[PDB]
Every structure is written in structure tokens, then in C-alpha cells.
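Consider the following structure, which contains amprenavir.
Proteins come first, then strands; the chains are lettered A, B, ... in the order of their sequence lines, and each starts at number 1. Computed over heavy atoms, backbone and side chain alike; hydrogens, waters and symmetry mates excluded. Read the numbers this way: they start at 1 and go in the same order the structure lists the ligands and their atoms.
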Number of protein chains: 2
Amino acid sequence: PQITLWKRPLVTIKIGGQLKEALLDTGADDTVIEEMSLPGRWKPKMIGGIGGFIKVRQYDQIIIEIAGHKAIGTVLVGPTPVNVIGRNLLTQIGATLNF
Amino acid sequence: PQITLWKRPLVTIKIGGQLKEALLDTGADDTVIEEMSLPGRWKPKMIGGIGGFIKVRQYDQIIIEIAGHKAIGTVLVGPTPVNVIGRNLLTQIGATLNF
Ligand SMILES: CC(C)CN(C[C@@H](O)[C@H](Cc1ccccc1)NC(=O)O[C@H]1CCOC1)S(=O)(=O)c1ccc(N)cc1
């Protein structure tokens, strides 16, 4: 698809069997998902943005279906107010910015 | 151009004759730039990011060149870890996300 930016670029994702809405975010290095459980070992990480830093749990080798495309990579889970799909997974679905 | 997302989508912008670097950020509703004086009057705005809310100075109808493309619109000035070009100006330069 070609997604216009008049509105937030929101897509349906599927992660750990759960359907969620997430923002396609070229400004985010890594994918960050609102608090949930994910299988596997995790390690703590700090990520910073507007308003400062939050501590998240970093899970590797996580599969997410993004708008019907399967991608695999690191998924951070923490007290983010929005689900964001970051560049680490955007690349895997072949997403680009065009102007 | 077409911008892939393997690296941060950082571009040069020009605002009041000064060159700055900024992040093309589809996850950002608004455009926020680090402290600088802009002409004219400003008004208060609160914006929320990953770590909570910050207060910014909102200036309207500001002329800005983004990666060679002219935009005229709202620029928020305040403590951000990186200059971000948000959807309000991404739409003016004709940017779309594609996959
Ligand atoms: C601020 C940029 C540089 C960094 N973030 C991405 C941005 O797209 C961020 C995403 C977001 C949207 C809504 C609520 C909360 C977060 N938008 C954002 O702050 O919108 C503000 C700025 C102007 O308009 C409103 S991030 O969320 O901090 C982040 C950092 C690291 C990782 N790994 C993932 C995400």
C-alpha cells in the first residue's frame, strides 16, 4: 500500500497470538509494544524520547505479522502509551518513505 | 527521493537561514525543533511522547525547507532529544509511506 500521512499511519498487527493496532513509525529505532507477556528470556533496556526515558524488556527473535506481512526481530515491551512498529521491523516489510 | 529505513531517516532542514538535521518521523503528529528563536508570537502547547508530556512554544506559519522541499506550517520549539519533522509538514512535502 501507499499510506498517506493526513492521519496517523495505524495498522493491524498480530503478536503472541494477539491482534493490536500499531503506528508505523520511521522515527523509532526499534519496535515498542504496550505491556504484555512474551515468551522467552528478556533483558532490560532504556529508551528515550520526548518526555524522557522508560525502562523496557527487550525480547529477541519475536515474530509479528504487520498488516499481513510476517517480520522477525527485537520487540521491546514496556509502559509505552502507543504500540509502535519501528525501523527494525519496517525494513523487513520493505517500507520506504517517498516524496 | 525514496528513503529506506536501514539507517535513521535524517535530513538537512533550513529554518531562518540556519541548517539543522532532523528526523523524518511518521510517528510524530507535529514538528518539534530544539531551542531556537523564531519570529512572531507563540502560544503554549503540551505534547506527549514515550516518557510523558513536555511544554513547547508553538509558532504558526513558519517557512522551512526540508530536504529541498518548502513547507510553511506549525513548528513546536522545546526540549526534544532530536529535531523531528512530523506529519503536519510531511504531508506538505508530499511524503507517503510505502510497502
Ligand atoms: C521522538 C522520537 C525521536 C522517538 N520516538 C518515536 C516517535 O515517533 C514518537 C512515537 C510516540 C507517539 C505517541 C506517543 C508516544 C510515542 N512520537 C512522538 O513523540 O510524537 C510527539 C512528537 C511530536 O508530535 C508528538 S519514541 O517514541 O520516543 C521512541 C524511541 C525509541 C524507540 N525504540 C521507539 C520509540
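Here the macromolecule bound to amprenavir (ligand 1) with the most contacts is known in the PDB entry as Protease. Other chains reaching under 4.0 Å from amprenavir (ligand 1) with at least one heavy atom: A, B. For amprenavir (ligand 1), the polar-atom distance check finds no N/O of A/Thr80 at less than 3.5 Å from any of the ligand's N/O atoms. Only the side chain of B/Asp25 comes within 4.0 Å of amprenavir (ligand 1), counting heavy atoms alone; its backbone N, CA, C and O stay farther away.
Residue A/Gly49 approaches amprenavir (ligand 1) through these ligand atoms, each under 4.0 Å from one of its heavy atoms: 28 (O).
Contact between A/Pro81 and amprenavir (ligand 1) is present, with at least one heavy atom of the residue lying under 4.0 Å from the ligand. With ligand atoms numbered from 1 in the order given, amprenavir (ligand 1) contributes 11 (C), 12 (C), 13 (C), 14 (C), 15 (C), 16 (C) to contacts under 4.0 Å with heavy atoms of A/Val82. Considering backbone and side-chain N/O atoms, B/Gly27 comes within less than 3.5 Å of an N/O atom of amprenavir (ligand 1).
Closest heavy-atom approach to atom 30 (C) of amprenavir (ligand 1) within the set B/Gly48, A/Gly48, A/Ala28: this belongs to A/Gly48. The source field of the entry for chain B reads Human immunodeficiency virus 1. The shortest N/O to N/O separation between B/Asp30 and amprenavir (ligand 1) falls below 3.5 Å. The set of residues with a heavy atom less than 4.0 Å from amprenavir (ligand 1) is A/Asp25, A/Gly27, A/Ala28, A/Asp29, A/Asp30, A/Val32, A/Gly48, A/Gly49, A/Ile50, A/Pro81, A/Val82, B/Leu23, B/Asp25, B/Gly27, B/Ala28, B/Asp29, B/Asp30, B/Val32, B/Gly48, B/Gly49, B/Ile50, B/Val82, B/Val84.
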Are there any protein N or O atoms under 3.5 Å from the N or O atoms of amprenavir (ligand 1)? List them with distances, or say none.
unit_1: amprenavir (ligand 1); atom_1: 8 (O); unit_2: A/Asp25; atom_2: OD1; d: 2.9
unit_1: amprenavir (ligand 1); atom_1: 8 (O); unit_2: A/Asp25; atom_2: OD2; d: 2.6
unit_1: amprenavir (ligand 1); atom_1: 8 (O); unit_2: B/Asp25; atom_2: OD1; d: 2.7
unit_1: amprenavir (ligand 1); atom_1: 8 (O); unit_2: B/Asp25; atom_2: OD2; d: 3.3
unit_1: amprenavir (ligand 1); atom_1: 17 (N); unit_2: B/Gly27; atom_2: O; d: 3.2
unit_1: amprenavir (ligand 1); atom_1: 24 (O); unit_2: B/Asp29; atom_2: N; d: 3.4
unit_1: amprenavir (ligand 1); atom_1: 24 (O); unit_2: B/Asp30; atom_2: N; d: 3.3
unit_1: amprenavir (ligand 1); atom_1: 33 (N); unit_2: A/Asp30; atom_2: N; d: 3.3
unit_1: amprenavir (ligand 1); atom_1: 33 (N); unit_2: A/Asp30; atom_2: O; d: 3.3

